S.K.: 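Got a PDB entry here containing oseltamivir carboxylate. Few questions.
Labels below follow one simple rule: chain letters A, B, ... track the order of the sequence lines, proteins then strands, and each chain is numbered from 1. What's counted below: heavy atoms across the whole structure, side chains too, no hydrogens, waters or symmetry copies. Order of listing sets the numbers, starting from 1, for every ligand and every atom in it. When the header is checked for method, it gives X-ray crystallography, 2.2 Å.
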4 protein chains.
Amino acid sequence: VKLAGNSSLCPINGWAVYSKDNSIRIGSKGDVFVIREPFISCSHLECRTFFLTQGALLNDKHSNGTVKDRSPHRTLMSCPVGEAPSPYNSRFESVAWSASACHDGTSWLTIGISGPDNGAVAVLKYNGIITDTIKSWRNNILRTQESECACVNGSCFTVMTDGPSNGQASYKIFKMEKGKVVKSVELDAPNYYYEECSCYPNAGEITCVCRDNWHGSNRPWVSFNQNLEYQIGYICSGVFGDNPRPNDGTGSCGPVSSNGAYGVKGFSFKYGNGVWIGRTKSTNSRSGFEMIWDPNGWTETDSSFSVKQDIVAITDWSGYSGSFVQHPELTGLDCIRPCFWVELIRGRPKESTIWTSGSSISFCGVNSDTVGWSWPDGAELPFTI
Amino acid sequence: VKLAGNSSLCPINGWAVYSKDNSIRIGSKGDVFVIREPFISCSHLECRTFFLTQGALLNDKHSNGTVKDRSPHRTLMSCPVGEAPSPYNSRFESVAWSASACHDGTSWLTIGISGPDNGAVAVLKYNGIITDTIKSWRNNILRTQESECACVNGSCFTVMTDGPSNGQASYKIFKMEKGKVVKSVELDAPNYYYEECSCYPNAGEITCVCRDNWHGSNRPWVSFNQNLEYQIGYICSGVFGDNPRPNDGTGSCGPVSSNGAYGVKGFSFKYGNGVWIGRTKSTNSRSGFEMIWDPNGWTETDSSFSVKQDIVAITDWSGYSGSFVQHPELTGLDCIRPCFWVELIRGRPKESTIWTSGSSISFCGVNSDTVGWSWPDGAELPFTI
Amino acid sequence: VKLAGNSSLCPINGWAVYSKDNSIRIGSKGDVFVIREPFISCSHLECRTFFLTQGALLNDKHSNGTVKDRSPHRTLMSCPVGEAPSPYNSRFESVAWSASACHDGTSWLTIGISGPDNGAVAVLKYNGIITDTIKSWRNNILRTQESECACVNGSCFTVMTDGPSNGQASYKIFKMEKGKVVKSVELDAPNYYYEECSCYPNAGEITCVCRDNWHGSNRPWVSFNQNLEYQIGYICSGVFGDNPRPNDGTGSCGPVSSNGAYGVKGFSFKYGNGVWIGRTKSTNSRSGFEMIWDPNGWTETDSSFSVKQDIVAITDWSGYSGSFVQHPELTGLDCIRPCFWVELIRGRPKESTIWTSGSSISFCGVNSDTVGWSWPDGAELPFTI
Amino acid sequence: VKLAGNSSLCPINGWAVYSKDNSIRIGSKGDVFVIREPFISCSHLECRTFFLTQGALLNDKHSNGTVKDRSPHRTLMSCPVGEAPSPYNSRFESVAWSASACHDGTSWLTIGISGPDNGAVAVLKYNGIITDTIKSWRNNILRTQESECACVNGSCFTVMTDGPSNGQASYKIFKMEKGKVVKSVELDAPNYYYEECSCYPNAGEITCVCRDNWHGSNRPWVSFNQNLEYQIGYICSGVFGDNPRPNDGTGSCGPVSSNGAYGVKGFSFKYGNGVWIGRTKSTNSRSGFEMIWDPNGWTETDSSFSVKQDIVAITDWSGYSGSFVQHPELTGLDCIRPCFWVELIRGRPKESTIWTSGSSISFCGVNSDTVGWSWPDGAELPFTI
Ligand SMILES: CCC(CC)O[C@@H]1C=C(C(=O)O)C[C@H](N)[C@H]1NC(C)=O
Ligand SMILES: CCC(CC)O[C@@H]1C=C(C(=O)O)C[C@H](N)[C@H]1NC(C)=O
Ligand SMILES: CCC(CC)O[C@@H]1C=C(C(=O)O)C[C@H](N)[C@H]1NC(C)=O
Ligand SMILES: CCC(CC)O[C@@H]1C=C(C(=O)O)C[C@H](N)[C@H]1NC(C)=O
Ligand SMILES: [Ca+2]
Ligand SMILES: [Ca+2]
Ligand SMILES: [Ca+2]
Ligand SMILES: [Ca+2]
């Protein structure tokens, strides 16, 4: 039976630690994939970590040059949450240098983009079987969420971007059923930029918090129907959520252009007119991580907030982060539970190695006691090489 | 319930990337089998890659001399598609230096040939249990498909060859039910040569596209009943599909003798009087790969075609390729879906190593948008050794 | 259906060997986790070994400094009993530097404590899903059993300690149902010290044998209701069960203060007014192991006993030991079967390595013939490093 | 439902190759256990290889001295047939330096002997749970089959030996149900010696072919009821089946004393008054292997036979061999199928290594065409060490 997606997000007070894979530490000796862009997605029965391999193991010569983003060798694979991604515990999903995945209650939907920069194709699989294809419409690096798609009532939803990463691009929402595109809509969003959306379902409605790589140090959002009727905006809080970003100050409910160029994949959970913001601790680089509760931050422009929960200290590397959700049919709860993962990037460009990889940690929204701390990657670089 | 095999091949426009195992790249550090002759076969529930190991791991001294084709140590094994063939994820199937495998909807049938050159025996297993045996009848390297057998209505079908590889040999079709031979027929095919057949079911009828190692640079074919009533011929297109081969020119609906000796395992999908040809890009060696749609190529002798889709560039090594199929009972489709795999050979004889192995990529026939590219093996040779 | 916990402990005469993982021996070459604090827990269908990794493999640089007890990298994981804990056979459970786990007949409950020393949080998971949280109430290293919790009639029970490890601390019993705390009670135990409790169910009643780290060389005990109505005491036998301890002499039914400070996790099985004591052979260090039947030792103060069964010789290292139980619904027996495991610690502080790890052996209570022997760790130190 | 064991052995003409694990070849690089005494046993659903590890991996320092037979570190483990025994694919069964195992249709029974030479205990497990114990009655190396036990009608049967290995010992048959001994009988066999019995069921009757280590170069046999009513004897053929042995000549229906001392574990299948003999090719050492059909060899004393099928050449090492069986409920056949495995020993004492291990090959009885060949171990010694 299908995941309803009809209930609201659980009330929460903080975030309890959920998983830590220790991947890079283990890959010093173990046969562990070089990966980036990991993400978590759950069904009605399990939770899996999905990741983009570089088709190479850590501490091996084929990990050379793995700071490079796209190659014919990158593949989407998955393993049980909290396990080190290995060729001996990993399920092959798709050939992909950009990906999304989610479960509708019946089967896994996966989305894998591969092919040339000027004509990439998204391959959609339902239960490991190809069901559809989406071809680049702007012939400039077709790219998707790098986190879980959202499912409501047997329909799953995703965002894709095509075009420049330093200017106006083109953004589309896709509605799919059983891995087939049944509807899609291009966003009429002049002056907006959408990329690497973290999307979650909330009472029949999908909310995406994305990355403005163009000219925004605050995060853009889309909220849409099962019909793809949408509203757009930026998070107004002066607690800016992108990286890089300026210091906290007066927000905008447009893009904040200081330190607006570039960015990092992130997420936020809308709670009424309040917002839980996951962001790095550093203003410039992908270092540290904290959760911030800003009770009026969705709509109000000030820089004040109620609650900081430390997750990774500034002295340690972080990276991508994304939302995932746990549905009532898995948990037995009467509400949809918010969770998040953080990718902890090690190696290039910031460190002197021949390789780039990431490990993961994850946390779930909880209505009981929690604590801040640092759960950093913990590997000592460089490696034997 | 049994795979019907009663429906036709799906209409398609091109090929979407399905899997890439990255085996050789991973085997630089990971515990990965030295293999050749890999192939994919699906049931009603899963798809598996089958392969012939050399009973040795990559980058280990026992991989020495693995260009050699037949030994008592070669075994047929399988793992989930897209995973690197490892002793920790691989299921043992059979002792074999030549093999075939398929699923009738109930159980896996496997065929493993081992024993001496002058008296090899094919061991047939149904659900991992020995059900029959076929002894060499010409005492000269009994050999079979090195790809999936075809199943129609609880009966599975295979081709075997015995005799010289530089002259007339003897060719037999076998019909088996529950892993037992119930009927077989020797082909009355003077001047023809059949080897390494890629066979697929199409509306109750089996079509095999094979390798003429003797004197044909175009590929021979057999099409046969559930009764083993057959017709034979060669593909007429002047787009020649073997390797080695001459340049494209005037085809024959006999063997094209320039560059006819030797060959490579390949495949083709008959679509009316049209043909999808998988072939190497190079005319001499196993380099590159492309799909070609020739709308009249089954019967017409010209060298013109409609559609080239690149799969591997000439600058990269390929090798064997074969058909596999996905039945309605697995996909939910109303038609049988064509797919193919390519073996990407690395090492001897073309490169200076002590070993020979292959990785795999695969693709499925799709009626939506697709793109050409190169998805090559990607390993850097030589290895530590 | 739920584990009843309503039957009594089986009559037994001795202990039959059950498992040996050979972990450290294998981890000399194999990819094996550095672990400590392992323990066994069974469901109605299987038995699993749980352990606290250091997020590092044996014989790798990240095993450096692993004598250290608590870090953000420590995780609770599990694998089938008797298997070497590897990233390729291990299931991720929780982020934790102190842990407990048990099965109520329906799902696995796990308890993982992580976070800072001055504010650690216990994360409770039911079926891998977070169900509750317990925050440190004395802000001084919240810590739990490091063995299985006890389940009676769909309710599971655990003990936690907070406060100093060289003085009076605070001790609480928790009753949980489906991974949620429904009741808890603080023990009014002046002059007592409770830590690392080994708890087992006996006819609807839970008995814990614990570690007095403060001033007791005999072991303290709690016995409690499904209502958390309790009685407390120390084991009276002059066969002292902690390490360190004095030589056997006149017991107390309070803490025996010679050699009372520090301690080791241990266990005992109450059989009427008799007791089966698992203890080290050495009086000072964690060396050797023996089972002792003292038919009056629960209540009587003498140092005489009936039966020594050797398990590990004094010349070999042991460490932690704990109780586990096998319920009728798993075994088909009419009684609850007592079993125990021993952790065999190797490396720091006693040996010159950069690392500390442990392997495990286990034994089950049997009413047939048994034999004493030595089943030691068997690794030769140091390692390559 | 229980394995009946009520049908007869299938008619056969020869032996078709079934499995080859290539263990030692793979263990040169892969994480593979050092093992000896492997054996195969099947249920109604699968076939598993059982083996005695030395708690150490190949090509690691802990493999030193593994020619030694008995230690506290030896464990019984199992994996799917034809797979290399690894800590990542192996299930832990029992602590044991001598073992037996079989499946009654419901659960796995395992028998593991460990403990001191002068008081070893057999631990019986049903479904991985301890159900019984057998203590040494002669206090001189209690030892069992090192192959599968035989099951008839929910009862399983085994042979054990206690006493000297160069003189009269004591031999017992045990009948067990659900892993519990319900009956046992000591054989009144003066001048006979029984060890390492290969036992199989045939129409409600169990036949064991064993090893006379004392003074027999032909093999002893026991045939017994479900009641344990027995007959004893030696195989009369002048085709002697032990190793060492004299050249073929005039048999005895007592022990043939030339070259009678020592021996090797072997097997034979009784077919009326005929016999299929598995034996080494060499008369002195464990080299080579062949199957011999002697149509009158059970009862007649001559050295003539009808059919030699080569399995391993004299130039290659063999070792232990044993019977296993495949029951109708697994195969769908109307008869019980005979199969055998051969252990291929490498290293000490015959080769200069610090270690001893074995790989396995196996074969099944077939009523179709077969072929002789050599399927040897194939590892090149010595190793890195
Ligand atoms: C194409 C532009 C885009 C945003 C700058 O690049 C992303 C940056 C990345 C990053 O900033 O870490 C890694 C992503 N894998 C990459 N996406 C793709 C599909 O290449
Ligand atoms: C026996 C002749 C045949 C065609 C030349 O050789 C094949 C060539 C091969 C090849 O050209 O790559 C590899 C095949 N494994 C081999 N088949 C066998 C069974 O040995
Ligand atoms: C906090 C004090 C406590 C008792 C001395 O330390 C324990 C000692 C240990 C020991 O004596 O081996 C190891 C335990 N992992 C540790 N517990 C924690 C949670 O750190
Ligand atoms: C105890 C005598 C017996 C026969 C000589 O030794 C056997 C010889 C062996 C052999 O000849 O290879 C290996 C067996 N593992 C061993 N059995 C035990 C239990 O140690
Ligand atoms: Ca930005
Ligand atoms: Ca040719
Ligand atoms: Ca103490
Ligand atoms: Ca003998």
S.K.: Which of the ligands or chains here are copies of oseltamivir carboxylate?
M.R.: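 You'll find it at ligands 1, 2, 3 and 4.
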S.K.: Which macromolecule does oseltamivir carboxylate (ligand 3) make the most contacts with, named the way UniProt names it?
M.R.: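 Largest number of contacts: Neuraminidase.
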S.K.: List the other chains that have a heavy atom under 4.0 Å from oseltamivir carboxylate (ligand 3).
M.R.: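 Heavy atoms that close belong to C.
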S.K.: Identify the closest protein heavy atom to atom 3 (C) of oseltamivir carboxylate (ligand 3): which residue and atom is it, and at what distance?
M.R.: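 For atom 3 (C) of oseltamivir carboxylate (ligand 3), the nearest protein heavy atom comes out as C:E195 OE2, 3.6 Å.
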S.K.: Could you identify the single nearest non-hydrogen protein atom to atom 7 (C) of oseltamivir carboxylate (ligand 3) and state the distance to 0.1 Å?
M.R.: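 For atom 7 (C) of oseltamivir carboxylate (ligand 3), the nearest protein heavy atom comes out as C:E196 OE2, 3.9 Å.
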S.K.: What protein heavy atom sits nearest atom 18 (C) of oseltamivir carboxylate (ligand 3), and how far off is it?
M.R.: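 So the nearest neighbour among protein heavy atoms is C:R70 NH1, 3.9 Å.
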S.K.: What protein heavy atom lies closest to atom 9 (C) of oseltamivir carboxylate (ligand 3)? Include the residue and the distance to one decimal.
M.R.: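 Of the protein heavy atoms, C:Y320 OH, 3.0 Å lies nearest.
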S.K.: Please say whether C:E37 places an N or O atom under 3.5 Å from an N or O atom belonging to oseltamivir carboxylate (ligand 3).
M.R.: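 Between C:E37 and oseltamivir carboxylate (ligand 3) (N or O atoms, distance only) the closest approach is under 3.5 Å.
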S.K.: Below a 4.0 angstrom heavy-atom separation, can you tell me which part of C:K265, side chain or backbone, both or neither, approaches oseltamivir carboxylate (ligand 3)?
M.R.: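 None of C:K265 does.
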S.K.: Are any of the N/O atoms in C:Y262 less than 3.5 Å from those in oseltamivir carboxylate (ligand 3)?
M.R.: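 Yes, at least one N or O pair falls under 3.5 Å.
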S.K.: Of the residues in chain C that UniProt says bind Ca(2+), which have any non-hydrogen atom under 4.0 Å from oseltamivir carboxylate (ligand 3)?
M.R.: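 Within heavy-atom range of oseltamivir carboxylate (ligand 3), the UniProt set gives C:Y262.
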S.K.: Number the atoms of oseltamivir carboxylate (ligand 3) from 1 as they appear, then name those within less than 4.0 Å of a heavy atom of C:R36, with their elements.
M.R.: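 By the 4.0 Å cutoff, the relevant atoms are 10 (C), 12 (O), 13 (C).
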S.K.: Any heavy atom of C:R286 closer to oseltamivir carboxylate (ligand 3) than 4.0 angstrom?
M.R.: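 It does, in that a heavy atom of C:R286 comes within the 4.0 Å cut-off of oseltamivir carboxylate (ligand 3).
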S.K.: Name the UniProt substrate-binding residues of chain C with a heavy atom closer than 4.0 Å to oseltamivir carboxylate (ligand 3).
M.R.: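 Heavy atoms under 4.0 Å from oseltamivir carboxylate (ligand 3), UniProt residues: C:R36, C:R70, C:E195, C:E196, C:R211, C:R286.
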S.K.: Distance to 0.1 Å, residue and atom name: give those for the protein heavy atom nearest to atom 6 (O) of oseltamivir carboxylate (ligand 3).
M.R.: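 Here the nearest protein heavy atom works out to C:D69 OD2, 4.7 Å.
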S.K.: Which residues does the binding site of oseltamivir carboxylate (ligand 3) contain at 4.0 Å, with heavy atoms considered?
M.R.: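 The binding site of oseltamivir carboxylate (ligand 3) (heavy atoms) is C:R36, C:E37, C:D69, C:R70, C:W97, C:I141, C:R143, C:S165, C:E195, C:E196, C:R211, C:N213, C:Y262, C:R286, C:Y320.
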